[PDB]
S.K.: 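This structure shows benzyl benzoate in complex with isatin hydrolase A.
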Amino acid sequence: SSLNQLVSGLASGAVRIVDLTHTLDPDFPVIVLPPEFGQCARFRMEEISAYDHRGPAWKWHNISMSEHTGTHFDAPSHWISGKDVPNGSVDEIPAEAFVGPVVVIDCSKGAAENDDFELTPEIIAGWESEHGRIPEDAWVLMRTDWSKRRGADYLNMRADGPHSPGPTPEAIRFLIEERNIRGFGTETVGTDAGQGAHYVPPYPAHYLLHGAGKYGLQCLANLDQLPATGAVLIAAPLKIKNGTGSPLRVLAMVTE
Amino acid sequence: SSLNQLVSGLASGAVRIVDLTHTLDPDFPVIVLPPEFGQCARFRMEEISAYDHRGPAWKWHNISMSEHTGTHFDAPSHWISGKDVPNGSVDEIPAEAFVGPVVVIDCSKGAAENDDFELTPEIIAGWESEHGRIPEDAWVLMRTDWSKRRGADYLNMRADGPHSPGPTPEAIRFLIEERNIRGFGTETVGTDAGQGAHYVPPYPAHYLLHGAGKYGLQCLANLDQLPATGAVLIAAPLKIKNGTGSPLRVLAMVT
Ligand SMILES: O=C(OCc1ccccc1)c1ccccc1
Ligand SMILES: O=C(OCc1ccccc1)c1ccccc1
Ligand SMILES: [Mn+2]
Ligand SMILES: [Mn+2]
């Protein structure tokens, strides 16, 4: 069976698990929005006990964050256009959606030359000319190697807001309507470009993906370790009551 | 590849995914300890915006809880016996540990007749007579259907503390030393029995599992959906800096 073979390959290393997750840490950057709006929180942790009088044989912590802190998953109810999608919160998404095929589009060269690099229909067509049609119900990850930025260059805020790569409205429309993807993931804090408020419609990845019942992943790491095709993504969010998203441990299984 | 077969089996329904997780909810019970100790927090959530003046096109929340709230994973650094284990925190555990074979020992009939039911070496031996030995580096789940208890029946507190099933020290030692298991999971708030402070050593599942660099799962649901053998568990904890555990979404793939 595929599962018996999977177990054997995982045990030998013929199938490797790549962790695509950043550490949840108080100093890891989170999305910043215009100052009139409520803001995403940083991760925070505090000891309950540490093998001391408060708990002599154990150590454990209280934790707090936002649904959108760190490496995290976006459900359709996160956007106003997804507010009527069935199974639209993280606690209702069917579990078969948490494991599936993934394709990785390498935009790292373009992102190194232009902070506002755009994933376009033409680039997707170029990718499919080499790797074949994107399979139905796949995750599509836009690799940029942005996850290697370790300071203020990660959010990359300028006077008019953040400058980071993302998809155009036409790219997202193509992936949804012509390829029926499961979701879209990036290495930045947004599935939209940093300047995505100025597309038509604003924040088109969010507006269109979630309006169509599709999912988002943000702040992925280590996409340069993945093949363009053939890997399997594990992206199971926390089962938050009526939740719009969650931090999560994103993994890819890779044949090697 | 074994991955292309998996993808097409998930798409066709030949492979199914069972969710083994309880919803994170302020009302779901969390572990309660003697009152002189620090306590686990309940899950809490509050809106940042809900398509409103605070965020006109989006809805999202702040959340708070403990590492050990809800369906959750225990890393070896959670116990004092785990102090000298390498890679003992949830952000350091090798990722291959997060997907693996699982076996399920059905103790539901015993738990229905004894709140303090004990999984013993004898019960494990009976299971192995039927199913063959527990595979090396497998997750072992003690099924009790305790996850069907709601409200106060789930913690099941009495004047002498909580009454819920769990393993004996000898059962855990057998699984670690003779079968080299990866970890142990239950449908209760602890990998130990509710009255497990009274074993030698106290809380032996925690003490022995984490002292051996092994993992725990607690508050699992839906274990009655799983076969005794052949399923694959997905249990990937949040990547908390130096974390001792985390809430997580536990799943099982079943053929
Ligand atoms: O990603 C969106 O902003 C795009 C973006 C991308 C990068 C940085 C900042 C913003 C977003 C997410 C949640 C709420 C509102 C907007
Ligand atoms: O596993 C027990 O507590 C161990 C423990 C001690 C301190 C912290 C975490 C875990 C347990 C089991 C059932 C009910 C209550 C407690
Ligand atoms: Mn988000
Ligand atoms: Mn715990």
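Chain A corresponds to the first sequence line; subsequent lines are lettered B, C, and so forth. For chain A, we keep the numbers from the PDB entry: what you see runs 2-257, in order. Using the PDB entry numbers, chain B covers 2-256, in order. We count ligands from 1, going down the list as the structure has it; atoms in each ligand are counted the same way.
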S.K.: Enumerate the ligands or chains that make up benzyl benzoate.
M.R.: ligands 1 and 2
S.K.: Tell me the other chains with a heavy atom below 4.0 Å from any atom of benzyl benzoate (ligand 1).
M.R.: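 Chains with a heavy atom under 4.0 Å: A, B.
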S.K.: At a 4.0 Å cut-off, with the gap strictly under it, does some heavy atom of A/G197 reach an atom of benzyl benzoate (ligand 1)?
M.R.: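 The answer is no, since A/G197 has no heavy atom less than 4.0 Å from benzyl benzoate (ligand 1).
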S.K.: Could you establish whether A/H79 and benzyl benzoate (ligand 1) come within less than 4.0 Å of each other, counting only heavy atoms on the residue side?
M.R.: yes
S.K.: Heavy atoms only: which of A/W80, A/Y208, A/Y200 is nearest to atom 15 (C) of benzyl benzoate (ligand 1)?
M.R.: A/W80
S.K.: Can you tell which part of A/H207 has a heavy atom less than 4.0 Å from benzyl benzoate (ligand 1): side chain, backbone, both or neither?
M.R.: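 It is the side chain that touches benzyl benzoate (ligand 1); the backbone stays farther off.
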S.K.: Heavy atom to atom 11 (C) of benzyl benzoate (ligand 1), shortest distance: which of A/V190, A/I32, B/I49, A/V31 holds it?
M.R.: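 Minimum heavy-atom distance to atom 11 (C) of benzyl benzoate (ligand 1) goes to A/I32.
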S.K.: As an exercise, identify every atom of benzyl benzoate (ligand 1) less than 4.0 angstrom from a heavy atom of A/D193.
M.R.: 4 (C), 6 (C)
S.K.: If you have a sec, work out which protein heavy atom is nearest atom 3 (O) of benzyl benzoate (ligand 1) and how many Å separate them, to one decimal?
M.R.: A/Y204 CE2, 3.2 Å
S.K.: Does A/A206 approach benzyl benzoate (ligand 1) within less than 4.0 angstrom via side chain, backbone, both or neither, non-hydrogen atoms only?
M.R.: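 Neither; nothing of A/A206 gets under 4.0 Å from benzyl benzoate (ligand 1).
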S.K.: Show which residues surround benzyl benzoate (ligand 1) within 4.0 Å on heavy-atom distance.
M.R.: A/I32, A/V33, A/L34, A/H79, A/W80, A/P163, A/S165, A/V190, A/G191, A/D193, A/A194, A/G195, A/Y204, A/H207, B/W59
